[PDB]
Amino acid sequence: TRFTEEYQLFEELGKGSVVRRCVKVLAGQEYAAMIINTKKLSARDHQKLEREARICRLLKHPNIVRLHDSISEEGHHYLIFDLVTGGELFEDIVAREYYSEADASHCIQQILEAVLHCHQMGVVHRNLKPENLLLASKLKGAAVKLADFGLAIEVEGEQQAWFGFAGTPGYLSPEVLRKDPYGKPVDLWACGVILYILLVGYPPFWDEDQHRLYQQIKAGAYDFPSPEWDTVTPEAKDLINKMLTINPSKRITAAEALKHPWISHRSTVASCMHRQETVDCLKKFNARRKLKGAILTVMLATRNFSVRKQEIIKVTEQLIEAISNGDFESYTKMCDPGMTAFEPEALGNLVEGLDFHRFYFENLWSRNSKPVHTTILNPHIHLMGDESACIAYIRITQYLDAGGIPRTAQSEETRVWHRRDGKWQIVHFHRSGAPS
Amino acid sequence: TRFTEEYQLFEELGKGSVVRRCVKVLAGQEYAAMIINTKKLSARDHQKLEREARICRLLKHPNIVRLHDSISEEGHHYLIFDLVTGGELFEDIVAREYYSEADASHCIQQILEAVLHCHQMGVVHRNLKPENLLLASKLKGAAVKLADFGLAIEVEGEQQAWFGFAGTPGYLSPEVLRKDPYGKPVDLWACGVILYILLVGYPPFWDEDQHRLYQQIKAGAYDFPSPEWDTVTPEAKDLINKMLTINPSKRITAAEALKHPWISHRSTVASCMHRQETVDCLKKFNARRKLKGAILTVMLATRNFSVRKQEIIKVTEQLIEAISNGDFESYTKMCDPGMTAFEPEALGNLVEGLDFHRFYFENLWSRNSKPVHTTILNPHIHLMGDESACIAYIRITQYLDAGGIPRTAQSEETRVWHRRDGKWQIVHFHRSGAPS
Amino acid sequence: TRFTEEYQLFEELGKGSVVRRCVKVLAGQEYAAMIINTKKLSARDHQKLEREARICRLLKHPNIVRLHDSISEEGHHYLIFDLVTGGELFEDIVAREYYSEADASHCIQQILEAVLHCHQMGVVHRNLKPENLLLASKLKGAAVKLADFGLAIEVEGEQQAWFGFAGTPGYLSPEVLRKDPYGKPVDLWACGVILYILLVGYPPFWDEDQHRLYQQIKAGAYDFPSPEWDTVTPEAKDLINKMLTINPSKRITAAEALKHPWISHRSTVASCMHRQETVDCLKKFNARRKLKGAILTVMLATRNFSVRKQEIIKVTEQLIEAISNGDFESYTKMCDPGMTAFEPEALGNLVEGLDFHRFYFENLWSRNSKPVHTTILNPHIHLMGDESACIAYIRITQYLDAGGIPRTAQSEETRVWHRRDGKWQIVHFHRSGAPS
Ligand SMILES: COc1cc(Nc2c(C#N)cnc3cc(OCCCN4CCN(C)CC4)c(OC)cc23)c(Cl)cc1Cl
Ligand SMILES: COc1cc(Nc2c(C#N)cnc3cc(OCCCN4CCN(C)CC4)c(OC)cc23)c(Cl)cc1Cl
Ligand SMILES: COc1cc(Nc2c(C#N)cnc3cc(OCCCN4CCN(C)CC4)c(OC)cc23)c(Cl)cc1Cl
């Protein structure tokens, strides 16, 4: 209601809801607005709204984006925190021509600065990860700023509890994997998995079997493989052992991690040799996680297959995301203007793609009411030569019906992909079972 | 509400909603009113309403119709931009007795004038085409005016993006066919396909297989076939190569196209020889596109068949348009006063046409609520002698039901045509499947 | 019953039922056995059985395969006419290094010899065509032998009647296309379309629109296009005009065509110049008709598309033929050992191909009872690069159910093709609608 009058809207920043830059007309200043559609998840979402908004009203640190107001309109809600254009940090670093232990200590310092602040404020972030770490501006000396989300929480003093199972498999502490009570410490363990990538540019734990990754993360199995770690100050490796401590009660606090300066004093005393190889690996990992970290709705069994399969999965995925969100612009991009469907709504007929579907993204399901969580089971992929491929899978869809009751629906889908002009395009689409 | 009191309504101008001339009573002046029925497409439409209305509030150019207000009434909405009676341009030109390079340069100049204005205003038209090009009046020296629609958009400065797949197959730039980000340039490419028709009176690209037309349009395959292009100044051909540039970043801007005057200076320096043959071809093409450009809901496979088939398709089409719109006047015109149906609503009986159907165009589906997108598959046509013919097809119909949920329905239809008095008339009609 | 004891069976010759070589044990001699499965078409078939068997008991010509007996066993019937291994004639001719008017006259002579015999016997073949023309042996001086089928008939003396619409579109006389009574003449007209190919190596009539081909065939529109016909004796061209006569009553009889020897006397007097170009065209046409003449169950609209489409249609076709016949050997050849289905019998699951289907070709529908005529409508094909492709179509299937009543069933199918090792292979298969 009120954000309609005072503010003007401009380009999108990110998506998930949509982030967009705006500027206040009345006292002219830029901000960034979270547009949270009135369709979230009934209750579990609204709860996380007010939590995120409250936490951010409380968190005012020079290294953390601070909110301004949160306005509720008719078909939307708006959250206006502080704006930025900096790119990601793990993205800026690779662009650096001199990366040293001393640039990494400059990072973990600002990081631990945002963290300590809030840990003093009786709040734990729980989701700490490269994605969540960003750069104020691209302008020189821009600050690292912690990204407040959203699996976040308010602890009582130092009291440890069970706040439920949240965060990213690689960024998860053992106390949380053991299903034991936790607290501020589960944040320190992230930093430790973060520092380790902030040096050698690969993660301390990982496995394709996530059951195994977790075992490592519960067993504290990491090591400093030579040669790359040989050029690393033993102080660096010391902090890393203090954060990466299995027992949270023995785990170095955030306050303690600032005082011990393999960062502040190795800024004063550590190795600056530009490690170009680390930086490269880093960049590679980043691209991978961007494409691989695509979605947590993927169920199947493989063993390290052709990255071109992992790419064609990511695509199938990007398409189904457009479908649910009501995003038509993106739907036409990924589909051949000559695409042919076979679908239950077709009533048994074959169709030309760019005629039939318009209706649905127009007024059907496009941004209707409730989230329908989509599950994709046992996909299977055929690769025929360099430019073509086809993918067969079962999509199970959890939605709220008119009554408001939830239902499930399962449809068999085949999709057929042709790469023309470096871009994959959908050509045939074949859907079995019910209408989505 | 307010357009009811101030304005008086008169004859229709065009249709799609309906354009109509009116005059403001209070300060007496003529305008042209878009009557957009409250049934549009739920959301996707309303979005394009406010976009079109906003863009036109912003676009004030001497060569572009300017809006005045946009009024919302109960069962209708009204958009009042500037009025005209000029006929189409590609229509006026053929009527000209002297057409030269210098009349064509006089056109592309005014054109590029409307375009440049808006390109400066951070807006791209995306649909540029003869239809969209009109003449203020039939009065001497009347101005060309760009027709603002509606696949239109607001770019940020010069930033290129993916705005989704829109426009007419012949008028589509390659950057859009390649599914790459685009911007203002996709407008310049249209002008180039426009100039080329504005000289020789046939288009640079075309094929019946639209997959092929697009390949040409992606490959920039056009050439200047002799003799007709032999009498054309090499400056003319120069601009044409600058607009028709495949790479948008290398593509001549609109600002650049005005300064280079194969138009302004060839107005001063170019060929005036009245090319009568070009003008004729032009006129022919026009009629064809008017009849052929009928609708984008046609699916089938043919090879350049008797134009009398292409005419009898256009008709079947004109009829089904009347049906959906609720247009009865037009329905009686195309139907024999002695027409006989066989239809599901007939409950198994044969009927006399002008009794039964009245009910439906009276209160049934006539202008009910929501758009039902009609698809016509694999039509098949029998031609028996000069005056008769019959057409068999499957019509699939996408609508919103009472619940508001979308459904599909497929009906088999046969229609039988008799030409009496130069006009085709429906005589028998046979519908299978469900009631529409 | 009796063919079980006396005869031994060996390799297949052809298929349609199956032809196979055998040898009589008791008086040792080779023959060729038609194995007509007890599933034919109820009555319409059994009628053509006894007709074919009767006609062949009657037709004993040195140039026509003569039957010996026709034995009825439990689950099969056997027809034993005379055996051959000669290859096809239009196939042998191309292999010839000297082809002249005099070799062609040597052919049409033997041909007219088999024809005249039977025309004297009150029987008309009605299906005359390259396929039906074969070579006794590959041994020197092997004889041309007419292949007795099967759209055949017994006329009374010279009385003309309506024997119904049969034969091949190109090989059809006008009196039959006009739907007028006919007789022996409809055989002479074939020879005339045959001679014409027996010289220049392309047919007199043809069009892709079969409505048009028939118009030519009803209008007698053929001409002798220069240069290739320039080197042809005017006698040759004379016979051709006598056979290719529109009015059957004016049409040269078979008896008359033997006496006029542009064949026997031009054997004595005509052009022998080896026409290598004609022979080449011939061979090409042959391959085309073999692949194109595949089946008469194909419905759609195209215009002369990439021969690689015409090839991938022929394949889809070859596969569906294997399915219906119960031919598993052929089914595994055309299918990837890693093929994945999605099918109604799958009960909503994705399967590995070479596990699931065995059951069906084992005891399900494999050679069950009755013919199920398969119709394939509006196929549509996507070509992605050289090695891959996918085809979407609606297959309608006319069968006899348990009751013996006929039913129809329509299924939507997508098939996906990968060429590996010069051979196309099926990889994914997706079937919608009911179980076949
Ligand atoms: C709920 O909070 C979240 C918000 C955000 N999103 C952003 C916020 C906030 N908030 C603030 N500022 C951002 C600035 C951005 O940079 C501009 C990028 C345009 N460039 C144009 C030129 N080309 C060459 C490069 C790209 C940006 O995009 C990367 C995202 C931003 C995210 Cl990503 C996640 C969560 Cl969880
Ligand atoms: C959404 O905007 C659009 C609006 C319009 N429509 C028009 C606007 C507007 N706006 C303004 N002025 C028009 C003047 C016209 O000329 C009068 C024709 C009557 N003549 C009577 C005498 N006889 C011999 C010849 C015909 C006219 O009809 C051809 C259409 C007009 C269109 Cl076509 C498309 C879009 Cl997308
Ligand atoms: C209902 O009557 C019909 C019967 C037949 N079928 C045949 C009859 C009969 N009858 C007699 N003799 C045949 C001899 C054949 O040649 C042997 C080919 C094996 N070669 C092995 C070596 N490699 C290199 C080449 C192939 C043959 O196959 C082409 C088919 C034959 C037909 Cl095609 C159609 C109808 Cl309508």
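Letters A, B, ... label the chains, following the sequence lines from first to last. All chain A residue numbers match the PDB entry; in order, they span 7-22, 25-444. Using the numbering of the PDB entry, the residues shown for chain B are 7-22, 25-444, in order. Here the PDB entry sets the residue numbers for chain C, with the shown residues being 7-22, 25-444 in order. So how was this one determined? The header says X-ray crystallography, 3.6 Å. Every number for a ligand or one of its atoms is a count from 1 in the order of the listing. For the numbers below, each heavy atom of this structure counts, side chains included, while hydrogens, waters and symmetry mates do not. The displayed model is a subset of the deposited entry, and contacts were enumerated within the subset.
The drug located at ligand 1 is named bosutinib. The macromolecule with the greatest number of heavy-atom pairs within 4.5 Å of bosutinib (ligand 1) is, in the PDB entry, named Calcium/calmodulin-dependent protein kinase type II subunit alpha with a beta 7 linker. The letters of other chains with a heavy atom under 4.0 Å from bosutinib (ligand 1) are A.
Per UniProt, most contacting residues of chain A around bosutinib (ligand 1) lie in the domain Protein kinase.
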